[PDB]
Amino acid sequence: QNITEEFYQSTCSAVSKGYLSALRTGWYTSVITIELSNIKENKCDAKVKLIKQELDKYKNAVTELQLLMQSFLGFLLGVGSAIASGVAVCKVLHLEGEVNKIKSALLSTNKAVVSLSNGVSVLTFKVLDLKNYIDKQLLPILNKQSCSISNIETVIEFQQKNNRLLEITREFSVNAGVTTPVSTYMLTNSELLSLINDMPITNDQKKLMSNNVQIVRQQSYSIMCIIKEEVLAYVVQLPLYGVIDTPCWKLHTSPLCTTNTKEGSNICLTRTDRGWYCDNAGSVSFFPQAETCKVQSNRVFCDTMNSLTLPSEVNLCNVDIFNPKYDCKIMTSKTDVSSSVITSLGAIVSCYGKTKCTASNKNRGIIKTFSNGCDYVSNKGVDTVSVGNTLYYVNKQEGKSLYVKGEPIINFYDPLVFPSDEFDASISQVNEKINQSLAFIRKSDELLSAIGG
Amino acid sequence: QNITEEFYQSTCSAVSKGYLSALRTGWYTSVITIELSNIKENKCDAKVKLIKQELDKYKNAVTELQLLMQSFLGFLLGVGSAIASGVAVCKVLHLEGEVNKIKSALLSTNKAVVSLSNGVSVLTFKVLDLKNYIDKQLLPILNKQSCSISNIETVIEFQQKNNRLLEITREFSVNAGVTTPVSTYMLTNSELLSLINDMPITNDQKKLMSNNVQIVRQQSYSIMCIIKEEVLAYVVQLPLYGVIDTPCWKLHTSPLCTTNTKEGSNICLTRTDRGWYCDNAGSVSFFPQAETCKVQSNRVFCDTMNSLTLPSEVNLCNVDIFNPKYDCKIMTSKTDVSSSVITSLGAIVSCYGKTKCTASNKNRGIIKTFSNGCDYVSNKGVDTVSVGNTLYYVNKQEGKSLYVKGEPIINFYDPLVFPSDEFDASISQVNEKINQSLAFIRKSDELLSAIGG
Amino acid sequence: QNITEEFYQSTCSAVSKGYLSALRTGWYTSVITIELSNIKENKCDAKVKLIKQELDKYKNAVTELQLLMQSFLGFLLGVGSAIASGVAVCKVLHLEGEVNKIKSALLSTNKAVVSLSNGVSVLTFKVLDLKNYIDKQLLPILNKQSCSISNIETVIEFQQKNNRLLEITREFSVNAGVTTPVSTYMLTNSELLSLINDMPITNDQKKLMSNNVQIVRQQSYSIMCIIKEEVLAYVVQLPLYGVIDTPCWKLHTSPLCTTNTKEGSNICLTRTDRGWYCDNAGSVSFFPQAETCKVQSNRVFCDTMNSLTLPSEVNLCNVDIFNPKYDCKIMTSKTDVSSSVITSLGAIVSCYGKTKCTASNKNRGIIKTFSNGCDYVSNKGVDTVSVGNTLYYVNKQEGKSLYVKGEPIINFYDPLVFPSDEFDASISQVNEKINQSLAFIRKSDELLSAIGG
Ligand SMILES: NC(=O)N1CCC(CC(=O)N2CCC([C@H]3c4ncc(Br)cc4CCc4cc(Cl)cc(Br)c43)CC2)CC1
Ligand SMILES: [Ca+2]
Ligand SMILES: [Ca+2]
Ligand SMILES: [Ca+2]
């Protein structure tokens, strides 16, 4: 609805605002079941041969599931165990009587909340029943007609009912029993919508999940669990969006280098704090790898596992990078290569050396030839940006962008004492190394004065 | 046809030449459409039950698509927005009358160039027509026979026509409306070949794309766009290979360490400029992550978004790393671990410490025991290389390789003043830090002479 | 069976023991074949139209396969060429007579060991025969009935036989002839089990592969090779687990920072040697990217291509990080951000600044409020850990964990002379930089004493 962008010429960075949060903060685990016929040996025509081949497909899938059952700042992030919750629920299902308990609860209803032996109550869902189809609809037909089908529709009906089980088996077979995104075979759209509708979450959360079922699938896992007592069970671990509708901003950064003609005489700094930022419980959830988040219109879906919890003062780096409340993260170097960062509403261009950097229009061609340094163009009137031999299309989302003029902060650094190979550096750390270099010169020149006598 | 390789003993690096370029420089967006029946409520036998279940599959896919519609040096690279072009074309399709315009243009032909309201002319393709099948071939059969199919072939024919739509829906459902590579369901081989044949590109480009359809699919996107007025539309964003048949070379690098017996006394340097290099418009497109490129015989498919535009003088680093025209990139360390880099025509082996490094033959077993340091073997007579507990198979592509002897450049560095923890360093930067260290010793010893009196 | 874990308070790291190895050390390449009918023009009813459409699907797949045929410490790892072995075997299949040799060997048996012209003997497997089905079962039916099918079962039987070829074609079409994991369409479970059963490996290796078919698929490749003389051939490159049942341990590391109240006054160190470690041939195979390995109960599947061969003395870093036999790897910084590392049997928590860090229970909620610094909790009584706005579920695998108390080693470092921006650093390298800083102060103060007169 209302996306805005600000470019900071002094720090070669841009911020996009107007986004609303949808953050995965927890997990909800449901048990999905399929009823299976316990068939072993058949007592058997072209139509019967097709049924027996379909029965072999069914038997091999059951067998295969049984064997399957037993047998910049991303470096600062912690390490999670993504499916620890669903795997814990699955371990409980192996305990004596747990499967029979679910089989009894789902006897006449397709959905039921079941309390496991550990006190946890889970939503259980039966999505397919091949036990009643094979045992009470297919096998009695083969007996009353003494190995004759007659109706070809019987073959097609079994093929259609069996197909889902074969696809689920195929998926778990190539993914070692763990799949993500959760496919339509694991949970159809109506089953997922039905699951969200019964989840112990708010109406705003149900509305969000129901309107973004495709993002929910991407942020979910399906874990192959157990196959016993005529039951195939798998755990679908669904996201819990505990943080919704809080403001988010995306910070885009690009190298800021001096533009002196003398080769090997330039210095660079880059803001390393690029990423997604969302307000959350009085702090800011920072997602360094913005590519991990997913954007649907003005909504940003991020996962807290890919976040750092920072004080809201981190935003002051977008107001004044030399502020005293928060030590802004930067990296230093002497690598003045040319590149561009395509933002939400425009393009940051870092043009150095002899590189040809331009911004173009589909009707008029080149409309701007960038000069050396870090500049920006909005997507209004611009369709593409070219930096050397690389052409970038800009995003065409409607918004308002503001160019905040200012002298490149790299100009206020003495190149003689610049710490030019810092990566996990900050404004204060760079200043502390500069102070050490200046103090070592101060003490040397103090001795050269004292030695003059 | 004509691949050659040179190993540089002095810099522990190798270059493979003889490759021809195929670089993705731009994008071409086409609109792919499927005609849909606007069915809602049916007026209905084993065969009719199968048709009604197939109609539910059709209705749920349409519904699901409607909900889907609204809701070393890689760190130097810029950031693009890969589908900004296709998404821009899609936004235009939402404007009033755009869909009807395409529906009219494709009324009697399966392909038509349509001019959108923004002046852009796009290739439009209708790949499937379920509107005529369901409304004029399936529904009238159910009315004239008063809910009777009789012909089982009717069920199978509908199942075959519907299958493509269900697969496209399944794909967009697990990929949030954006897929890559573009599958055969999105665009069949003949549809892709037909699209390439009508693209506004040269005959050499059509021949290249047509002979590498499998690479074109990998470098393409399918973007779910709009579903309205009996039309399902999706944008297929295809690569534009603006740079073809220019020479390419792959640079392979490996750590070069001193081989002194005293533990903790060794120093290392590694060329960090490894990657793919292609001639392009008077400059060199450098692809640091060579794994992003795809090689088909002597043709290398790279994407300019994954490139740096460098002066052609970067190649001088393969002639003389101490050249004055280009400042060659290196990293320094004191981590003399053993490893191997499998090249196009051989293997670079960095053997340090007590590690067992060998090169073997399938008929004779071990044929070479590497000594400490950085050495190389060609794939002629060699099938595998082993460095410690790691066995590597070498590529068996036919070619000619040359061993360029020379003293390891790490031997000419004073270990006492070696800057041993530089990553984004170069030959000049390492020399500048060495000069500072030597000058600090010079001034200290000048004071020790002046203090002697 | 017997997983144990030790947390080291002094180094903010934990080790998990009790795992057994299954390491991919080599490759075994088999040739998989499909017999094809050489059909071109058909001499032809609703059932016959369905057969002719199925024949077009068959013809286009054959055509598409013919066009396909011609046209922290991970940075220390070497570079392999994963499919060099399978691609070498495939190149041999293109030589004159090689395909006919396999066609003759598989004439009456579905499996046969064939000796290629280069001396290599390979297991060959024919998984499907569409040549006999189309030429001797489908085409003669169309001739004797003068373009009449009569039996709808004929259409369904052809559709079922053809489906596998279309799926294999679809897979190679979207993966440029190279797929991984190897799907059930490339090799069914019984074909893979049959292949393992005939591989030239031990009974323990066959038992391991057969019990972990899903891991074998993940560590295998299918390479589209040649289509000629009524034969479709593809190479399935299978893992060789040359190292099995040797002990493995997983090392989990997290930042260890001082906890002083003064902002910007803290220093950090982190053990960078996190990863999987397996005993192997008298050395230790180290897998820095533990995420590359796969764990099935107490078995860890790793690939030697993702390993460093280290002396077994690397384990001494878990006994005493200041030991004289092995120089332990660490990184330094002044970035005291809060994070958690979920281990096999618990959670390491690095809590700094004003961050709220807790460990919770499903029955009692919060059961521990972490203090500043690096602490640990076991999974006994703990279900989740929260560090700021990030909630982590802990693994619930049964095991015994031990807390080894000790003063944080970061406390024994003088913050004034701490080298705080080292990444590829070690205990000795950090000590050497500290010595240089202390010696520069020593010589300055020696001159200030000599200048007093
Ligand atoms: N230098 C640090 O203190 N880092 C914190 C931990 C982080 C984790 C990591 O493995 N990496 C590797 C890549 C990065 C890192 C890097 N990468 C590879 C190698 Br060999 C050495 C270096 C060391 C510092 C450097 C400096 C610059 Cl100019 C750019 C980068 Br991209 C890097 C960060 C992530 C690496 C960077
Ligand atoms: Ca682009
Ligand atoms: Ca190999
Ligand atoms: Ca979790």
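Chain letters correspond, in order, to the sequence lines: A, then B, then on. Shown for chain A, in order and in the PDB entry numbering: 26-69, 73-99, 137-518. All chain B residue numbers match the PDB entry; in order, they span 26-69, 73-99, 137-518. Following the PDB entry, chain C residues are numbered 26-69, 73-99, 137-518, in order. When a ligand or atom number is given, it counts from 1 through the structure's own listing order.
- Sitting at ligand 1 is the drug lonafarnib.
- Ranked by contacts, the chain bound most extensively to lonafarnib (ligand 1) is, in the PDB entry, Fusion glycoprotein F0.
- In this entry, the other chains with a heavy atom less than 4.0 Å from lonafarnib (ligand 1) are A, B, C.
- Look at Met396(A) and you'll find a heavy atom under 4.0 Å from some atom of lonafarnib (ligand 1).
- In this structure, atom 18 (C) of lonafarnib (ligand 1) is in close contact with the protein, since a protein heavy atom lies within 4.0 Å of it.
- Nearest protein neighbour of atom 33 (C) of lonafarnib (ligand 1), counting heavy atoms only, is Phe488(A) CE2, 3.7 Å.
- Near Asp489(B), meaning under 4.0 Å from any of its heavy atoms, are these atoms of lonafarnib (ligand 1): 28 (Cl).
- The protein heavy atom nearest to atom 20 (Br) of lonafarnib (ligand 1) is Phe140(C) CD1, 3.1 Å.
- By the definition of a contact as any protein heavy atom under 4.0 Å away, atom 12 (C) of lonafarnib (ligand 1) is not in contact.
- Applying a cut-off of 4.0 Å to heavy atoms, one finds the binding site of lonafarnib (ligand 1) to be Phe140(A), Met396(A), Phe488(A), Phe137(B), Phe140(B), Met396(B), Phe488(B), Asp489(B), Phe137(C), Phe140(C), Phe488(C).
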